[PDB]
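Note on naming: letters A, B, ... go to the chains in the order of the sequence lines (proteins, then strands), and numbering restarts at 1 for each one. What's counted below: heavy atoms across the whole structure, side chains too, no hydrogens, waters or symmetry copies. The structure has been trimmed to a portion of the entry, and contacts are counted only among what remains. We count ligands from 1, going down the list as the structure has it; atoms in each ligand are counted the same way.
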Amino acid sequence: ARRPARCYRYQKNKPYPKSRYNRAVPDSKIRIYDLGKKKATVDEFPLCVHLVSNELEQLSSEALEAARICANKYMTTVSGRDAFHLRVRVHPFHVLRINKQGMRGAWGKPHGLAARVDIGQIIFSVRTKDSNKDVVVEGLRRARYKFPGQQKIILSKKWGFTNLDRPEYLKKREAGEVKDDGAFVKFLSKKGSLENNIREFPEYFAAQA
Amino acid sequence: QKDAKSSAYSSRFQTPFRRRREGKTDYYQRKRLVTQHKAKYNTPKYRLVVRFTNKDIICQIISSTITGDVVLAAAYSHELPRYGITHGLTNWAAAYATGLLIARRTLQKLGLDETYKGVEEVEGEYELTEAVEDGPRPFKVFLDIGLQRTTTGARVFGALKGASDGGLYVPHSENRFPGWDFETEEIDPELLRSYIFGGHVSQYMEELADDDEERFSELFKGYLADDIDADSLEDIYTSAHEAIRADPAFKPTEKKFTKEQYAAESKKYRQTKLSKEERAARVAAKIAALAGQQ
Amino acid sequence: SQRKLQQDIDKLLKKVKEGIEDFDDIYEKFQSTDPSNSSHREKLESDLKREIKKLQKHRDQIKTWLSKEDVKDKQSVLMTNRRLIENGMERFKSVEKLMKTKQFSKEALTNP
Amino acid sequence: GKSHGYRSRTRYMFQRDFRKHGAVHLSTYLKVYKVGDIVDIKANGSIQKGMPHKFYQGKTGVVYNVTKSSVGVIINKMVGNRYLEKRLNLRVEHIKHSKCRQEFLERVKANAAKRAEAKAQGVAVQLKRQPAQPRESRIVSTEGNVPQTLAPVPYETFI
Amino acid sequence: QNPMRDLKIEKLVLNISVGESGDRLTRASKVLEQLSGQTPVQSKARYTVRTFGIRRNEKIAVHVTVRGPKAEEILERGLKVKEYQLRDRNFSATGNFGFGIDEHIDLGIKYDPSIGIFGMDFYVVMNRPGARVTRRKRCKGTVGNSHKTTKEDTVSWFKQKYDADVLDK
RNA sequence: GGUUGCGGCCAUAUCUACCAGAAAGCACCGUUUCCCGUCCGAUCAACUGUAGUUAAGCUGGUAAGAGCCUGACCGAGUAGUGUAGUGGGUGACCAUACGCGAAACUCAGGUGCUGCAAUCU
RNA sequence: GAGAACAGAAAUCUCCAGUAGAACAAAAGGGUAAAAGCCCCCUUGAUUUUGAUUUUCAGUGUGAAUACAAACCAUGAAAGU
RNA sequence: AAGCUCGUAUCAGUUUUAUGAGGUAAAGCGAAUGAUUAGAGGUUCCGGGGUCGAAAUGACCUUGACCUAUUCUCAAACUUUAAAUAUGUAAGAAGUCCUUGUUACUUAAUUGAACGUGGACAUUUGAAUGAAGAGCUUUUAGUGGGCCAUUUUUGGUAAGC
RNA sequence: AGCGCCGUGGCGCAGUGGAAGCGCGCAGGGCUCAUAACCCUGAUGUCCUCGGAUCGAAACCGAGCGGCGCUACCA
Ligand SMILES: C[NH+](C)c1cc(NC(=O)CNC(C)(C)C)c(O)c2c1C[C@H]1C[C@H]3[C@H]([NH+](C)C)C(O)=C(C(N)=O)C(=O)[C@@]3(O)C(O)=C1C2=O
Ligand SMILES: C[NH+](C)c1cc(NC(=O)CNC(C)(C)C)c(O)c2c1C[C@H]1C[C@H]3[C@H]([NH+](C)C)C(O)=C(C(N)=O)C(=O)[C@@]3(O)C(O)=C1C2=O
Ligand SMILES: [Mg+2]
Ligand SMILES: [Mg+2]
Ligand SMILES: [Mg+2]
Ligand SMILES: [Mg+2]
Ligand SMILES: [Mg+2]
Ligand SMILES: [Mg+2]
Ligand SMILES: [Mg+2]
Ligand SMILES: [Mg+2]
Ligand SMILES: [Mg+2]
Ligand SMILES: [Mg+2]
Ligand SMILES: [Mg+2]
Ligand SMILES: [Mg+2]
Ligand SMILES: [Mg+2]
Ligand SMILES: [Mg+2]
Ligand SMILES: [Mg+2]
Ligand SMILES: [Mg+2]
């Protein structure tokens, strides 16, 4: 057993997901996808760090869980559990097949589950404070070893996971059109109703600081 | 009531046709009515459209065109009191007189008046307008009831019998005229004729005048105002029929306070729309009113 | 092969018919037991139980035949022998219940 | 195992358009087709009687026969090394006119007109269409428009 | 204001669900005949329930719809045997209400020894003048938001009228 | 220009919540002898236009409304793609040359138009 | 969703919302809302005479289907089907 | 191969203009179906626990579901949208306009339908380019094991499969 | 690996669309000095699990779990 990712590496087949035509597939081994202080705010975590791909390939659900475990262990041993929020941004939806006389009836049974990653696609995202840039970089360097192919750390200059580069987001915050939700934020748009906009963003519609 | 419908529902929602949505046409019935045999290429299928409001009977001859339906002739129960019927504008007698009026009006307009005189000896008997040999075939129209039920003894079938007795070749059967006893499976000429000259309204008048005075007065204050006795109803309906046979010409109203005055003075009461600057001004006024965390 | 299949058909056909004959003989001797011989009643019960169990095995074979085996001609005679076996089954069930029922059991005290 | 039915592989072909289900309208019931006309075949899935095959979907032909509720359309189809003429009997829901043909009629009416005044005053008929000819010499004004200079941008990653 | 938008009883429905067929259902149909003075209609089941002892397409219940002064006087007798107290449950959110009585000899006819005891459901729907706009055929519509009787409108109609009271909620 | 009858395109027309509607017209409305239909004159049928009411329907307007529609040099000449190379790269794939070219997003604007006939301060 | 004796999670009745999230004998995919669904009424056109056309295709056969013509009928007030 | 009828306005493995048709690539999921990550706010006359409890259409907290507004990622047998490339038709003389002849068809009707007579229309006879002749028939051979390359693509770990 | 069968009370087994039984065990009473045997009774089930068709099944149709049996040959 345990055929290599070198023979399940490239994207050769069409996406073959779990559906009503394909049942009795084994479960993925990755079950948790967000990690660290996942209830924190983008207020608390300004800097984003992205592990991105350079190859059009397939990532095993095993490679995802192993990279997540090693990265997690490194950041908790160094910087503690609450200093980061790590989210894996690929979900294994590909049922890989195994054949297991001759080539007659060669259509194979389900064997796995894979994340088809494109060039320039986020694999790992870590949001953290400005002082933990080093430790999140070396944790994602450990992640780059359990993951096949070539990957890059890009210092994402978006405030947290969201959008909206840091001066733009600072301007939005000091304008007051940003409301703190659970692990995310809500934005004021100039297209909704006046009454519900009033009752959901009082600070923009007041003379507050 | 927290039953507001979602954006996905409203996006996937297909609205019906306009007339279906306001519930005025059956497009199934209308398609089967107005679809023409394609080997005739130009012949419009003419519809004797009969409609009943609470105080009027509308009876038109309509042909179908790509730009919209066009009319050839119209007759109105509120134009019937010009002829002879000042009371009972939505009875079965006014329906028959309106069908007779629309038939005579459309044949007079078409120039088919010297032939196809109709009956002139109305007797409550079922017959079809036979084609005159060596001459034009009778004008063929089809009854458009619309949405009302096709029950036996209906005013729309009265307008049907009126157009048939006028001279329009409308195909019809006799199993929907009043007096068609299905046990005997024939027609009743006396009952049909009595109801032609309004025997039902008459016998209601004498039954009320015998039994209940206050009720009779309440339902027929107009009849007592005109001093029309209970047995001249056939007389006035007959005289209406030969007035229809005499002058089937559309006379418009006197049309006082003409069309430009109607457009100008009658309604400045429709409240006009605003523009972008006014809408923004109202928005800013509402921001100023709702300013603060109150 | 279809010839071998139809041969096994005809064999089980004949076995079912002779089983039906001897089951009917045991049934009529049961109804004419002279029921003072209760031991003879019980003995005839056990004998027709054995015969109806043999008919159970034959009927299950007929089930598999009519389900999957492509009988291809004789569904009529297979169904008729199935119906004969099942009416024998219900006769055995009625007889078997009749002597099962205890004279002062709650079912006989509720409804005669 | 393998199927070639009358409506095989016609799923999205005979689907209705989004928010265009229901009854088909009286414009396409009241349009008139006469013998020799040019029509486009696009099947309507709601009317199952008189449907074309999937091959004739989106196909232009000449109507040669008209009857009670359908028209007969002539279609040339390629089988083997030759075209074969096919006579389809199709309902007017599946039949639609040809805007290219109507534009040819407005063009021939315009051409007859143009030759009429060209003959009336006696010069410059010039009826036939010409393709897009090369552009001619022009003068552009720098007054109010000084050419602003452009440079390639550096490589900045946005993610 | 209140020009002619005054609540009136559209219809009153008398429903008896005996649960089986034959003698009891025939006698219940008879009860509805002498009570309403009007032919009842027998309602049929929709599917089988083992515990209920009912079968699909087997005649289970029987009901009458009455309207007008007869509906008003049957309603008055029902409130008289319910002693003019009804429940805030017993007053639905679309304004229509109803109750259930047992041993129907408390109102009207005597026992008629060949028929029996039949408890029964009163249900009453209230409408304001102008529900033809949603019940008629040509040019259908929906009533406006200053319409569609609410719980408040009906509870007040039953308190302004009849000198009746309600319970806790 | 309002309204009615018949319609064409079938949401710029729909949906939600309020407000207004002179006149006329629709509408709600009043009644059960007759034709007719229902468990029920509620629907339908018939009769009256009388006893009344714009409360609803309908029409129109409002809403930093939802939806829908139109446009943008907004995204984006991006994704994708036809053709070409003894181009690059171990490969996966990626640039370049001659061409075509989106969708979502964002922003701005709009919220039925119209035909035949009749009628209306 | 809100209600009504026994009656409850599910019996019957009533109202509101409900673009189809149901049903249309069966596989799946299309289609259908004053219907193609459900209920009721009447029927036998699931009839006769042969031709033409479409699919598979050799433009042969079989099967299935389409549009007519000449009759005779069914239904509906009728257009029609 | 034999040819035959004409060389007399015919046709293109082509483009343009105009008009259709398609549901792949892409995209989308705070759009339908199906899958799926994470919190937030709520609702229980109506899930399971505990606490204050005698219980209560009582109260507090815990955990599950249901709803609302969000979020992460997807679909050969999902889709609002939607290419590029390929694909159908038309670009006239067998055409257009005017007038009036036939009919047992059609129309209420000399109303239309189809085919016509007699006139009018040209400078280009109605886009480009090229035609090497165009069209038609008869008869008969061999063949009916294929293989490779670019690109698209299915099964397979892959294969000179 | 394929094919086929089986799965029901504590154990061995029947069971057809209106729907759960046989025998031995188990429980209570009796008989006997007592225990068996015998007599009179009573109770006993997630019908292997999950989903679907049906107005409804353990049965009909599908997915897996578990246990058996047959074939796996020519070199
Ligand atoms: C110019 N000439 C050489 C010509 C050429 C062609 N065809 C071509 O264009 C050539 N075809 C190619 C392009 C090569 C395939 C042509 O097709 C013709 C003609 C001539 C005409 C002459 C016609 C004429 N009238 C009636 C205008 C005439 O005098 C007679 C007559 N009354 O007998 C004709 O024969 C004429 O009608 C005719 O047949 C011609 C052509 O068809
Ligand atoms: C398009 N041109 C090339 C053309 C084509 C065809 N033929 C067709 O298209 C045939 N139609 C089919 C396709 C078969 C249905 C044509 O038939 C003709 C013509 C041209 C004209 C030229 C006429 C012209 N007259 C008006 C003065 C002319 O110069 C002469 C002449 N006096 O020599 C002609 O020959 C002319 O009168 C004529 O006959 C033409 C055609 O017939
Ligand atoms: Mg109808
Ligand atoms: Mg399509
Ligand atoms: Mg059919
Ligand atoms: Mg119908
Ligand atoms: Mg064939
Ligand atoms: Mg020539
Ligand atoms: Mg094209
Ligand atoms: Mg496809
Ligand atoms: Mg894709
Ligand atoms: Mg998209
Ligand atoms: Mg989705
Ligand atoms: Mg010539
Ligand atoms: Mg050969
Ligand atoms: Mg050969
Ligand atoms: Mg014992
Ligand atoms: Mg003992």
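- The drug positioned at ligand 2, selected from telacebec, tigecycline, entrectinib, is tigecycline.
- Most heavy-atom contacts to tigecycline (ligand 2): the chain the PDB entry names 23S rRNA.
- Other chains, heavy atom under 4.0 Å from tigecycline (ligand 2): H.
- Around tigecycline (ligand 2), within 4.0 Å by heavy-atom distance, are found H:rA9, H:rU10, H:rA93, H:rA94, H:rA122, H:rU123, H:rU125, H:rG126.
- Per the entry, the source species of RNA chain H is Saccharomyces cerevisiae.
- Within less than 4.0 Å of tigecycline (ligand 2), the other ligands and ions present are ligand 1 (tigecycline), ligand 14 (magnesium ion).
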